[PDB]
Trainee: 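This structure is in structure tokens; I'll ask about it shortly.
Starting from 1, each residue takes its place in the sequence as its number. Per deposition record, X-ray crystallography, 2.7 Å. Order of listing sets the numbers, starting from 1, for every ligand and every atom in it. When reading the values below, keep in mind they use all heavy atoms of this one structure, side chains included, and skip hydrogens, waters and symmetry mates.
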Amino acid sequence: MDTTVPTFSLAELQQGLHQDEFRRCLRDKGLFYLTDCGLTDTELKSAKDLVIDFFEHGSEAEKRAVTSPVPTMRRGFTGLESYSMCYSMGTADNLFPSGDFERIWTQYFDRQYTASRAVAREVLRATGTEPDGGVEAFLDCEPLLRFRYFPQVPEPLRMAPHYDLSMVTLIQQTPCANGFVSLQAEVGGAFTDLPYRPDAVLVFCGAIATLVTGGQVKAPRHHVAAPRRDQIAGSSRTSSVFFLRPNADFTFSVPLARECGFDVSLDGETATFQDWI
Ligand SMILES: CC1(C)S[C@@H]2[C@H](NC(=O)[C@@H](N)c3ccccc3)C(=O)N2[C@H]1C(=O)O
Ligand SMILES: [Fe+3]
């Protein structure tokens, strides 16, 4: 029945407002838009503008020097040379075309990481959860930021819904000129579209939220629908996805894990994050 996605301000949540609405949302939907956390459309536009700049005007040699050496190294670019381009970075071992690039993207990462820690803090507090070793050690982690740009042109294997392997994930997207929403999830047994919203950021909870809160938070299945050969006049878009992932050494009791419906990939009593990849 219920297929709407609520918006909340983070400031408002930190002041004890909307406690019930937010508790229920987490348990029943695991996803929500969020205002008044320290991100801006502008910050995003400028990080984007700088990447696209490089994509178009970068020497062939410059590009080689920061293309990702191997798929394992999820750092640097992919798909920019001679179904789209992609830039990835983490807390370290990053690759960088220029000095001003380093500064803008390092700052955009820190900001995204500060926001995503803040949201996570709120998700734990709402469900009364103190992970072992404390909230802060848990939240001080090994995150990853994938930015992805789909350019234009004019001259489709539908992948299946997944849940994310993250405490939380934050998505900012620029829109499509043609109104096409490429991002969909399951809210109350239906597929709901999740557009760009002005000065909001989309937030999925993930497996680790479910695990860490003892089952209290849902991790919604979602997928990125590509467009067909008919709605591509004005369908350039970007998204910026930030995975707040735990430290490899984090652990969870396996009775509880399969109890939800996640890939039982290890045959043990309890386990850690890293081997589950
Ligand atoms: C479409 C998405 C927003 S979600 C999807 C997927 N997320 C995961 O499975 C994630 N837990 C993961 C990432 C990398 C290695 C192992 C596991 C991913 O990556 N895609 C994103 C994207 O556009 O880059
Ligand atoms: Fe995902």
Trainee: Which listed candidate (ampicillin, granisetron, ixazomib, dicoumarol) is the molecule at ligand 1?
Mentor: ampicillin
Trainee: Which chain is the chief contact partner of ampicillin here, given by its name in UniProt?
Mentor: Deacetoxycephalosporin C synthase
Trainee: Looking at the entry, what source organism goes with chain A?
Mentor: Streptomyces clavuligerus
Trainee: Report the other ligands and ions found less than 4.0 Å from ampicillin.
Mentor: ligand 2 (FE (III) ION)
Trainee: Curious here: most residues of chain A touching ampicillin, which UniProt domain are they in?
Mentor: Fe2OG dioxygenase
Trainee: Could you help me out with the residues around ampicillin? Anything with a heavy atom closer than 4.0 Å counts.
Mentor: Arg146, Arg148, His162, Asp164, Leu165, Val224, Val241, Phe243
